[PDB]
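The model presented next includes varenicline.
The sequence lines fix the lettering, A, B, ..., with proteins before strands; numbering per chain opens at 1. So this one's electron microscopy, 3.7 Å, going by the header. Indexing begins at 1, ligand by ligand and atom by atom, following the structure's order.
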Amino acid sequence: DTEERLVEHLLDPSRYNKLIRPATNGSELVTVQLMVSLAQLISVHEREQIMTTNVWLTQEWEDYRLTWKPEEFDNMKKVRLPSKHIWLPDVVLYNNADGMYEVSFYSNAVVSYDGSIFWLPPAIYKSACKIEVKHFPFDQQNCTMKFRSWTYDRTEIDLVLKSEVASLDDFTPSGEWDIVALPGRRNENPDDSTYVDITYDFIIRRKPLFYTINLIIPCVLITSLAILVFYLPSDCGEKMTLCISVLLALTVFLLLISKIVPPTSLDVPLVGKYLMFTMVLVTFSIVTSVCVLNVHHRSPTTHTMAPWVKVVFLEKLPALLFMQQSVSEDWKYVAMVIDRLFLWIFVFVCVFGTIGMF
Amino acid sequence: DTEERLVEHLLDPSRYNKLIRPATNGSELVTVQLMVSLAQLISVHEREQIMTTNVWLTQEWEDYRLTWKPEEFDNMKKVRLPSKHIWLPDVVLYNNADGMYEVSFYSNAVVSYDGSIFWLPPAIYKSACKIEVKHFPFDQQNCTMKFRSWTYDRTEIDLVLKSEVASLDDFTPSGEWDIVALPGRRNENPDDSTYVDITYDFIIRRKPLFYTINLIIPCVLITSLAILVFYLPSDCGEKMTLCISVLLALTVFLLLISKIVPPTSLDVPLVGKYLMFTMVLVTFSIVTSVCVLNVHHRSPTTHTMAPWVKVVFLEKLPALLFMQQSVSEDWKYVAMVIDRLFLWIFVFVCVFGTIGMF
Amino acid sequence: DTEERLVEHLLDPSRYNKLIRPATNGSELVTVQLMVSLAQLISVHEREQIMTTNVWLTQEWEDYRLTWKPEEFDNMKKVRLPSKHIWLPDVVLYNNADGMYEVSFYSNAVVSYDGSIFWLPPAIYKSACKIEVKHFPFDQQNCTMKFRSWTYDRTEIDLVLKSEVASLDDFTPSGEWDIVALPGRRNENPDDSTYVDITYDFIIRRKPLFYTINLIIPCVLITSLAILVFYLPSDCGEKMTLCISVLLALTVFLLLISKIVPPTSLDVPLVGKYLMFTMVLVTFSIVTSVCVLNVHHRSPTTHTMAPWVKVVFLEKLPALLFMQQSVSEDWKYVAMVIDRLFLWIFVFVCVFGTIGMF
Amino acid sequence: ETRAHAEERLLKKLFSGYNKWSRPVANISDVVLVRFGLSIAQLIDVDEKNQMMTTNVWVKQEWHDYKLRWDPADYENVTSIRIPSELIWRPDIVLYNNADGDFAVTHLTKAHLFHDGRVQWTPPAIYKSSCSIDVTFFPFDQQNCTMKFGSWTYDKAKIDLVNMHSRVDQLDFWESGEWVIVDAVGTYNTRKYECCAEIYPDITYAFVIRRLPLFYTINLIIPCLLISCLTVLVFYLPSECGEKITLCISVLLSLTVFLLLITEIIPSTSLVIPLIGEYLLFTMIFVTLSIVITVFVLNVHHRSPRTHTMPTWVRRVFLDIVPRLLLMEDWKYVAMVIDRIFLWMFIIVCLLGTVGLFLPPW
Amino acid sequence: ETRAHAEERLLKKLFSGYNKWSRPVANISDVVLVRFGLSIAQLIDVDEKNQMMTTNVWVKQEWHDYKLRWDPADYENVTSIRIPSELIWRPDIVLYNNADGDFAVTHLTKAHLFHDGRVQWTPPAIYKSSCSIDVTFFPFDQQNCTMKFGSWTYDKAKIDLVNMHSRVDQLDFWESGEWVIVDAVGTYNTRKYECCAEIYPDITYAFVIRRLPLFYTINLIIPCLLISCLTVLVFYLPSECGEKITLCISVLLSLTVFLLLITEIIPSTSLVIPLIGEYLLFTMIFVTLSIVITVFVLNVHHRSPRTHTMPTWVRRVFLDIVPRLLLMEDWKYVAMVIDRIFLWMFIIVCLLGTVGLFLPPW
Ligand SMILES: c1cnc2cc3c(cc2n1)[C@@H]1CNC[C@H]3C1
Ligand SMILES: c1cnc2cc3c(cc2n1)[C@@H]1CNC[C@H]3C1
């Protein structure tokens with residue numbers, strides 16, 4: 001029964017006002033020791049540059065008008081209170097999307113007899129961290145979280161850390177994303193001198209297997225067919241089909257990968273780069289291949305193929321280590337020669353690019 | 001402790017009423033000096049013509065019934081107050097989608113002893129700016145933001161600017177979109193004389209690289225194959241495949257680009273225009289190519305190809321600088337001639353259009 | 001002016017309390033006669049199993065402490081009141097998605113001098129009705145709507161119907177969906193004896209024309225080409241193209257139809273069934289057709305086609321009523337024979353399935 | 001002395017014995033006149049697929065009460081004051097045609113008392129109405145969307161609406177870009193409902209609006225019209241090549257895609273059908289018939305005298321047909337012939353259909 | 001006299017000196033016993049791609065306080081009354097496993113006092129939990145989703161939960177259609193956290209549920225299984241036609257699409273991998289290898305003795321291979337031979353892989 005009397009004595013509207021803050025001896029600052037405790041990293045939406053987490057941030061401070069005599073009140077060293085009626089320092093994100101800053105539940109608050117207070121409510125937070133996307137999927141993202149009041153300043157409160165690292169004891173594995181470090185730093189401005197903030201910097205690494213399987217393997221597997229249409233004979237009447245199909249599949253994969261990543265024109269990933277390059281390559285291939293096909297399907301009556309071709313190509317034969325040769329047959333052989341030359345330089349350039357990636 | 005007495009003396013319900021506005025000496029206007037401070041430009045949704053920003057608009061004004069004697073109240077020159085209980089002039093957008101006008105947090109309000117007041121709450125605003133889309137993606141958009149009360153008029157308040165430019169001290173870079181200028185202008189109506197507004201005109205430029213890579217390069221790369229099917233021989237039996245594939249890819253890109261941009265029938269972008277033109281070109285190509293193919297696959301028994309063809313075409317040969325020619329062979333050569341002529345005029349028209357763009 | 005006095009006499013906080021219910025002579029039940037009146041059937045979202053309607057549910061009951069003497073109050077037999085201050089029995093759905101139960105507007109309430117009360121507010125309701133999807137689109141859906149309080153039980157109120165049918169006087173036609181019957185039944189539980197509910201069972205029929213045109217016609221039109229590739233000659237080199245295209249279009253239509261309907265594995269519609277069957281058919285066709293093509297391309301040097309083929313096939317000829325037959329020519333004729341046989345059995349099976357649907 | 005002090009004294013005298021829920025009339029048989037009007041601000045969206053219409057609209061009401069009156073010479077010459085709409089009488093004005101909305105204003109802007117009991121109220125609102133969409137002449141369409149305002153619990157002998165301006169004001173209209181408002185009229189009406197015996201009034205605002213057709217004309221119909229020229233052409237393509245059915249199949253699948261894609265932009269109403277879907281359907285029909293006939297042809301051409309036979313009467317028939325066609329043992333000549341004769345008929349049919357379909361409208 | 005009059009008098013006597021925020025116990029050492037339970041109403045959605053679970057659930061709590069007691073014979077024999085849950089004590093019951101939710105009931109249904117201090121509360125709720133999704137035997141999958149209720153600011157020496165029924169009631173369950181609840185158990189547990197020294201209890205409800213596999217079996221796997229028969233077949237297709245790589249490319253692209261489409265329905269967890277993606281991947285590998293080998297073939301066949309040469313040893317080798325194959329300068333015959341010998345190996349390999357992959361499970 002005493003609890004009732006004690007409470008209804010503490011929160012008396014006449015004795016205790018909430019709209020003000022506890023101060024004495026010359027407007028001394030009230031310290032606010034806060035530390036965050038993660039629970040799980042729900043999601044990281046790249047396309048929108050957002051991160052959804054669940055968090056319990058423990059605040060602690062001191063109030064000089066919430067004290068009592070324990071022996072009077074049947075030796076009570078501790079009580080619960082509602083966190084709407086007592087004072088409390090406003091503390092939220094600043095980089096928040098959804099325009100939702102404050103916490104959700106507004107839990108109870110512990111109170112001792114020395115006046116201390118220890119309050120931790122839960123929260124789901126939608127932070128906005130910028131995605132550095134160059135080594136996709138093997139990337140190390142870096143998501144920031146601010147904390148500072150938005151009613152008071154440094155000349156009325158002073159925030160402090162308790163542990164330089166964000167606790168992780170109640171954390172549940174996330175699957176995709178895996179943490180590395182959770183540093184937390186206090187920050188202050190000398191030019192302003194009224195800007196105190198706490199910044200926690202989650203460092204995350206992605207597990208690559210999923211996107212590897214679903215994107216990379218098909219990608220490389222398909223682009224491995226661009227250096228091959230040259231080894232196909234022009235009598236089949238099929239080079240166009242293969243080349244076209246490859247180009248279209250390639251464009252599709254490109255659009256898709258550009259969908260999965262955000263539209264930040266600041267940096268470009270590696271995969272889209274490689275894909276654009278090999279696309280340019282394969283279109284050069286299609287045009288040179290149509291030229292080859294035309295020269296192959298020429299007849300004697302229509303063209304004479306006067307000197308230059310004869311000597312130039314029937315003498316270029318050995319430089320390739322390609323060998324040893326009715327006019328239509330000579331046409332066909334010229335075509336064979338030129339296509340093999342192009343095949344050589346194309347495989348060379350493919351290896352060159354694969355090196356360029358390292 | 002004094003703070004309590006001072007506050008509970010100022011906001012006394014009898015001495016102070018909120019539903020009215022401060023006036024004396026003949027219903028004099030109360031000035032309202034407001035200036036906006038951006039924080040970031042969250043998004044620009046073209047398809048819906050919307051812009052999402054985060055903003056802190058600082059208002060300042062004067063009230064003659066919120067003054068006190070500092071020396072009496074322990075030399076207090078400044079206090080905080082809640083912004084629901086005191087007066088405040090209503091100020092919002094007018095072009096707002098979501099039907100949400102007022103601000104979100106309703107922060108505290110500073111108060112000095114001269115009666116001045118300085119109040120800045122935060123906000124996320126969804127403005128509606130019309131998209132001028134002709135030079136896509138190299139476009140300079142122009143998004144407007146209104147500000148005016150919707151309870152009072154000019155004969156009871158008068159809004160004013162403090163700085164002609166919107167502050168950008170806290171602007172965090174946006175990635176895609178890059179600002180150029182943030183002018184702000186006061187506007188008044190002589191015919192009405194009861195219409196005061198403040199209009200801030202953000203001028204934005206898009207960074208082109210992303211959409212460039214993902215749309216333009218494939219788009220030009222593919223359309224570069226429309227002037228080529230003519231150089232393909234009709235014995236391969238493949239012109240139809242290539243032409244059809246090009247046309248279909250083209251239609252796809254067209255539908256897509258029309259999705260990405262809003263459905264404003266007022267203006268048309270350049271890319272869709274070029275694409276429609278080259279589509280018309282390639283269908284003309286398909287029809288003339290089938291004609292060529294038919295004339296190629298004619299035999300002597302079925303047709304006689306009496307005089308006109310012989311002299312006309314075997315004499316047109318030199319005008320092309322194309323040369324030098326059993327009846328089926330003459331058929332095939334006529335086909336070759338006509339297709340080369342069409343190739344010439346088509347490359348000419350392609351260059352002509354590329355010029356037409358400049 | 002009297003209205004003021006009368007009201008401020010009835011709703012006096014001392015004389016009238018709202019948190020209790022009207023009772024006398026031994027905790028007698030207060031009857032609650034409710035009947036619903038539809039206005040329009042906004043939507044039926046199959047993919048999510050939801051129905052959105054607009055409804056006015058009229059409740060009526062009796063209260064013994066809201067009576068007066070008409071002649072005293074200037075002969076007033078009727079008044080309006082607000083429906084927050086008076087008592088009212090809680091009545092909502094139970095099968096509601098959105099977690100939104102109660103009504104929206106909370107309209108005024110009529111009051112006579114005998115104490116009766118007649119209250120109808122409006123509402124938009126998102127009910128959850130399970131979709132029986134087998135005769136798509138010619139289907140008769142059946143959407144249920146519950147009504148029961150969620151604070152009281154049968155030993156304190158007793159619900160009742162006024163008309164067994166839901167009124168449709170203010171109903172506006174819906175276009176797609178057309179009503180048939182709107183029965184309403186009271187339900188009670190003997191084992192529980194504290195479970196009173198009212199269930200209205202809307203019976204709906206879909207108008208088929210739209211989905212007919214947009215899905216069925218293309219579907220049947222395309223599948224009508226699966227029994228035809230056999231009548232195509234193997235020298236054209238084209239059977240593969242047609243068969244493949246048909247199979248792909250078929251798979252596309254299948255995925256699409258499975259998107260439009262909900263993912264209830266309880267039952268499977270008729271269209272997907274027919275489509276899967278004919279897909280199996282066409283793949284059997286592709287494999288037998290490649291076999292035919294191979295046997296057609298064979299040459300004399302490579303194979304001898306020793307006795308069995310000769311007699312078996314050149315004697316099977318008449319059983320087909322197919323007639324009358326250099327070795328390569330015999331190859332080609334064997335191919336013709338076998339493909340015609342397969343054509344016969346395939347058209348037979350197509351008719352057989354069309355019958356299987358009836 | 002100060003205007004503000006007299007303003008307080010007045011405001012405090014008025015709201016001493018006032019009751020919101022009491023109707024403001026001295027004689028019960030007397031009615032109030034609620035002058036009513038609108039003023040658009042923009043037309044956010046018109047969702048055809050769901051048959052909805054979003055509007056941002058500045059409702060305008062004004063009436064007169066008999067208790068909010070005073071004398072101005074006694075209170076330092078104040079006639080107009082401003083008070084919240086949360087402390088006075090405020091009529092119940094609803095739209096019966098809502099769809100995922102709020103049925104009333106909840107912004108609750110202040111109100112202006114005018115010293116003669118007259119009061120004036122102008123709360124904004126975002127309204128989601130449901131208007132039936134008729135789609136036959138797509139995209140050249142004139143839509144007609146309604147909004148039915150009216151009272152809820154007050155008959156015609158207690159409340160009586162009055163339309164201020166017979167047209168909807170458009171002084172601050174914001175050009176949406178795609179839809180233009182031809183005209184917007186406001187009608188008065190009465191009705192009787194089953195609930196009750198008295199009659200209830202209502203007001204019906206009708207917006208007749210047009211669609212600017214450039215976008216769908218330049219992104220949707222031009223390509224479907226451009227790949228329909230290729231429906232009849234395959235016949236002028238020979239059989240030795242092997243690219244007939246390729247063309248035919250491509251065209252068929254493309255048209256099917258365009259139809260299956262436009263079905264996303266129009267509702268699923270079955271009363272009517274657009275004019276584009278029907279044309280595309282006829283085209284798909286004729287092109288699949290074309291693939292059938294051209295496979296028959298291809299089979300004819302590749303025949304051979306040893307394998308196949310029975311050119312018994314076809315000789316006379318086709319050697320008598322070829323002269324009429326003005327085209328002057330071997331099967332290939334007859335394939336050419338049959339191809340030509342079907343080509344003529346199909347060009348005629350496509351011509352005649354594309355024609356006789358679009359004429360009655362224009 | 002009237003039951004309602006006595007009911008008022010009682011209700012007015014009880015709430016004279018009551019304090020919500022005061023714990024209802026006479027001796028500080030004494031604890032209250034919060035009997036707890038659930039009752040499903042439906043299982044709205046289980047989002048695999050985001051790893052979430054939505055439930056509509058009728059929480060059930062009951063306890064006993066020492067101030068809400070009276071005598072019934074003095075108040076006309078009333079024992080049970082009903083009051084809002086907004087004026088009495090109401091314990092803090094939270095789920096630590098939320099994801100885009102509310103952490104507590106926001107509907108605040110009334111409460112039933114039972115004349116002996118006992119009080120009973122049953123507020124509904126929509127809860128969004130996050131349960132890890134294991135996907136290997138897709139679609140034949142048994143999922144296991146959790147919900148961890150418990151108190152926030154009350155230790156075990158002030159509050160102590162008690163599970164009413166060891167199973168989750170399903171009397172008003174609404175069959176969702178796709179997911180069925182095999183079983184649903186409720187465990188009690190304790191723990192100690194870093195914040196503090198005392199121990200805190202908790203309750204853990206586990207739902208083990210199954211998926212009805214007809215839909216994805218009918219619409220997703222049957223076609224990917226039906227276009228895998230065509231992976232090995234191209235080899236039985238000759239080289240004079242020109243339709244080998246066409247078939248191969250079509251199959252490859254189709255399988256790639258099906259994989260790139262199923263990646264939309266499963267999460268992006270990397271711990272495990274489904275059994276369908278892996279099979280499709282192996283198939284794509286072998287079919288691109290097939291296109292490589294068949295282009296090599298096509299090159300061999302179309303060779304010629306003048307252009308190309310060096311059939312030095314291949315004569316003996318292939319004329320010695322052809323008899324073992326039971327198949328009796330010829331660029332054509334050696335092409336046929338090599339084609340056949342690769343066909344046999346690839347049918348063997350596809351057989352063996354499709355087999356040895358699915359066996360350990362069954
Ligand atoms: C008393 C209280 N509410 C009513 C609501 C309505 C009616 C009569 C009422 N009478 C009908 C007429 N106006 C809206 C509906 C329907
Ligand atoms: C003060 C007030 N409430 C608390 C709630 C909790 C804790 C500490 C608290 N301290 C953690 C330990 N028990 C439940 C959670 C988590």
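- Ranked by contacts, the chain bound most extensively to varenicline (ligand 2) is, in UniProt, Neuronal acetylcholine receptor subunit alpha-4.
- Using a 4.0 Å cut-off on heavy atoms, the other chains next to varenicline (ligand 2) are A, E.
- Segment by segment, following UniProt's transmembrane list for chain E from the N terminus, not one has a heavy atom under 4.0 Å from varenicline (ligand 2).
- The PDB entry names chain A Neuronal acetylcholine receptor subunit beta-2.
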